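Pictured: Poly [ADP-ribose] polymerase tankyrase-2, co-complexed with olaparib.
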Amino acid sequence: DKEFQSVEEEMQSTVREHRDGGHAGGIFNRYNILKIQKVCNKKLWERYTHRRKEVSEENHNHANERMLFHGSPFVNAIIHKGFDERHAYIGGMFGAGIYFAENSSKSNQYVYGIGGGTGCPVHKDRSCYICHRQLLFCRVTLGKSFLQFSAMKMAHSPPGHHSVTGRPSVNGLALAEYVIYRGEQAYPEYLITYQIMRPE
Ligand SMILES: O=C(c1cc(Cc2n[nH]c(=O)c3ccccc23)ccc1F)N1CCN(C(=O)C2CC2)CC1
Ligand SMILES: [Zn+2]
């Protein structure tokens, strides 16, 4: 499957060297991709496309849809129930929203919790090369995205906007991040099962 090869390439090619020296997500340059599953949840897809059409109509017939990563210990609840802003990241740089990265390694830092939590459930290792990790590769409707550089605790998107784009800056973000404030503005399209690999 070329669809799956495209997802593996997005995963591999978006890895970056993290400022924390791998404290949160581990030390690696690449992954061992074990499985890529397409999520087909008709109810979630209908909620997503219904919202995507509304946002498109409010944004000059353009949804501004992107494929983005999301790492979380709650990936299995997300696949069944969808992203839920009632469980949004309050402590987040851009307030109470649902957060995504365009770099797979940034999302990998959240797979076991904030700052990688205590790592894998079995070895309590944030850099575990044994335990199988899971990330989501999502369809996200950004619509009219508010470009922001510094911390801005929002409860909802700014007036006239459908999302917030956190752009990198000198005394700010190392890498981009994308925030939606409505769970129906993202669809968890692919569930990726993988391992981070020990460097060569
Ligand atoms: O957006 C968050 C969230 C994000 C984060 C940070 C984060 N988590 N994952 C990322 O991939 C990421 C990428 C760039 C910047 C930050 C992140 C932390 C706690 C959170 F609750 N959600 C929590 C998990 N979600 C749910 O619907 C849970 C299942 C009930 C979706 C929304
Ligand atoms: Zn482990």
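What you see of chain A is 962-1161, where the numbers are those given in the PDB entry. The figures here come from the full heavy-atom set of this structure, side chains too, leaving out hydrogens, waters and symmetry mates. Whatever order the structure lists them in is the order used to number ligands and atoms, beginning at 1. Method reported for this entry: X-ray crystallography, 2.0 Å.
- To find every copy of olaparib, look at ligand 1.
- Remark: olaparib atoms within the under-4.0 Å shell around heavy atoms of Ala1062 are 13 (C), 14 (C).
- In the vicinity of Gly1058, heavy-atom distances shorter than 4.0 Å reach the olaparib atoms 1 (O).
- For atom 25 (N) of olaparib, the closest non-hydrogen atom on the protein side is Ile1039 CD1, 3.8 Å.
- At a 3.5 angstrom cut-off on N or O pairs, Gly1032 counts as close to olaparib.
- Listed by number with element, the atoms of olaparib under 4.0 angstrom from any heavy atom of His1048 are 21 (F), 22 (N), 23 (C), 30 (C).
- In the vicinity of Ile1075, heavy-atom distances shorter than 4.0 Å reach the olaparib atoms 18 (C), 19 (C).
- In terms of UniProt domains, the contact of chain A with olaparib runs mainly through PARP catalytic.
- Scanning the protein for heavy atoms near atom 12 (C) of olaparib, the closest one is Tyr1071 CD1, 3.6 Å.
- Listed by number with element, the atoms of olaparib under 4.0 Å from a non-hydrogen atom of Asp1045 are 27 (O).
- At the top of the distance list for atom 3 (C) of olaparib, counting protein heavy atoms only, stands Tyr1050 CB, 3.5 Å.
- Note: no N/O pair closer than 3.5 Å links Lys1067 and olaparib by distance alone.
- The closest protein non-hydrogen atom to atom 29 (C) of olaparib is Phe1035 CB, 3.5 Å.
- Entry annotation: the source organism of chain A is Homo sapiens.
- Those atoms of olaparib that come under 4.0 Å of a heavy atom in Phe1044, given as number and element, are 27 (O), 31 (C).
- In this structure, atom 14 (C) of olaparib lies nearest to the protein heavy atom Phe1061 O, 3.5 Å.
- Protein heavy atom at the shortest distance from atom 15 (C) of olaparib is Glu1138 OE1, 3.6 Å.
- Atoms of olaparib lying under 4.0 Å from at least one heavy atom of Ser1068, given by number and element, are 10 (C), 11 (O), 13 (C).
- In summary, the atoms of olaparib found under 4.0 Å from a heavy atom of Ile1059, numbered by their order in the structure, are 1 (O), 32 (C).
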